[PDB]
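All residue numbers given for chain A refer to the PDB entry; the residues shown span 1-157 in order. Determined via X-ray crystallography, 2.2 Å. Numbering of ligands and ligand atoms starts at 1, following listing order. Values below: every heavy atom of this structure, side chains too, minus hydrogens, waters and symmetry copies.
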Amino acid sequence: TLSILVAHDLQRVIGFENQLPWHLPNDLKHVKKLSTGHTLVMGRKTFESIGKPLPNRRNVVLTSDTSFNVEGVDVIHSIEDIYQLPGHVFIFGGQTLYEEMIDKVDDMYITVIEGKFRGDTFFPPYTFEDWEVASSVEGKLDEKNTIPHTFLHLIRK
Ligand SMILES: NC(=O)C1=CN([C@@H]2O[C@H](COP(=O)(O)OP(=O)(O)OC[C@H]3O[C@@H](n4cnc5c(N)ncnc54)[C@H](OP(=O)(O)O)[C@@H]3O)[C@@H](O)[C@H]2O)C=CC1
Ligand SMILES: COc1cc(Cc2cnc(N)nc2N)c2c(c1OC)O[C@H](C1CC1)C=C2
């Protein structure tokens, strides 16, 4: 499969200043569960945000810098290179990946962060007319996960 994996807020904010706008450990645990043993493709800037490869899956960074060679990352330099990767590939961020990728992906794992944050980066507007809810499961709140949130899984209709 080829999937978006993204958390966005009530106005589709994903990012602020090259970071997530929220602290929400449940969602990062969700990312882990979903992606472990599989492949991430991210934009260069998102890679700079996580700063190192994530363990126990394959990490692929899309970048135009051909001098890019990082330990345990695989570089690619075009959108097209994605479509040849073996297996279940998650588009992992960021704003520009999502824009390039959203009409190409089979499905999307979105966490809707039921808040309104300040962002400088956004997820593309989409329409549920295009997208079928295979599941919708509320996140559980606790002291350390204090923002309401819903795990959507959308298949393209
Ligand atoms: N909420 C969420 O689920 C997530 C949010 N984010 C957020 O997203 C924001 C980052 O978004 P954005 O600024 O768009 O950054 P991106 O992470 O999408 O990276 C952009 C970079 O990726 C490379 N790139 C993208 N497309 C291509 C292409 N087609 N060919 C060659 N290179 C390409 C370029 O690298 P180069 O300049 O080296 O050529 C470009 O500068 C941050 O705010 C971050 O916090 C990130 C992940 C998840
Ligand atoms: C933009 O920054 C991040 C993006 C992301 C990507 C990301 C986060 N949340 C969601 N829902 N989708 C995503 N694609 C993550 C993230 C980020 O900050 C560290 O943290 C952890 C990694 C191990 C450290 C997980 C994710």
K.L.:
Looking at ligand 2, what drug do you see?
P.N.:
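You're looking at iclaprim.
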K.L.:
Which chain forms the chief contact surface with iclaprim, and what is its name in UniProt?
P.N.:
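The largest contact count goes to Dihydrofolate reductase.
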K.L.:
For atom 25 (C) of iclaprim, find the nearest protein heavy atom and state the residue, atom name and distance (0.1 Å precision).
P.N.:
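In this structure, atom 25 (C) of iclaprim has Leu28 CD2, 3.3 Å as its nearest protein heavy atom.
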K.L.:
Polar-atom distance check: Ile50 versus iclaprim, any N or O pair below 3.5 Å?
P.N.:
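No, there is no polar N/O contact under 3.5 Å.
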K.L.:
Using a strict 4.0 Å cut-off to heavy atoms of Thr111, name the atoms of iclaprim that fall inside it.
P.N.:
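Going through iclaprim atom by atom, the ones under 4.0 Å from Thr111 are 11 (N).
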K.L.:
Give the UniProt domain of chain A containing most of the residues in contact with iclaprim.
P.N.:
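For iclaprim, the UniProt domain is dhfr.
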K.L.:
Is the closest heavy-atom distance from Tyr98 to iclaprim below 4.0 Å?
P.N.:
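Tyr98 counts as a contact of iclaprim under the 4.0 Å cut-off.
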K.L.:
By number and element, which atoms of iclaprim are closer than 4.0 Å to a non-hydrogen atom of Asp27?
P.N.:
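It comes down to these atoms of iclaprim: 9 (N), 10 (C), 11 (N).
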K.L.:
Tell me, which protein residue and heavy-atom name are nearest atom 6 (C) of iclaprim, and how many Å apart are they?
P.N.:
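Its nearest protein heavy-atom neighbour is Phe92 CZ, 3.5 Å.
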K.L.:
Tell me which UniProt substrate-binding residues of chain A have a non-hydrogen atom under 4.0 Å from iclaprim.
P.N.:
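UniProt-annotated residues with a heavy atom under 4.0 Å: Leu5, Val6, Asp27, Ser49, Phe92.
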K.L.:
What protein heavy atom is closest to atom 7 (C) of iclaprim, reported as residue, atom name and distance in Å?
P.N.:
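The protein heavy atom lying closest is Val31 CG2, 4.0 Å.
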K.L.:
Please identify which atoms of iclaprim are closer than 4.0 Å to at least one heavy atom of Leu54.
P.N.:
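In order of number, 22 (C), 23 (C).
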K.L.:
Can you check whether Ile91 has an N/O within less than 3.5 Å of an N/O in iclaprim?
P.N.:
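No, no N or O pair falls under 3.5 Å.
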K.L.:
Any atom of iclaprim sitting under 4.0 Å from a heavy atom of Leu5?
P.N.:
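The answer is yes, since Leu5 has a heavy atom less than 4.0 Å from iclaprim.
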K.L.:
Which residues carry both labels: UniProt NADP(+)-binding in chain A, and heavy atom within 4.0 Å of iclaprim?
P.N.:
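A heavy atom under 4.0 Å occurs in these UniProt residues: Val6, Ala7, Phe92.
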K.L.:
Report the nearest protein non-hydrogen atom to atom 18 (O) of iclaprim: residue, atom name, distance rounded to 0.1 Å.
P.N.:
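I find the closest protein heavy atom is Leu20 CD1, 4.2 Å.
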K.L.:
What residues end up in the site of iclaprim at 4.0 Å, going by heavy-atom distances?
P.N.:
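The site of iclaprim, heavy atoms only, is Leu5, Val6, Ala7, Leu20, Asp27, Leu28, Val31, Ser49, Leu54, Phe92, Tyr98, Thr111.
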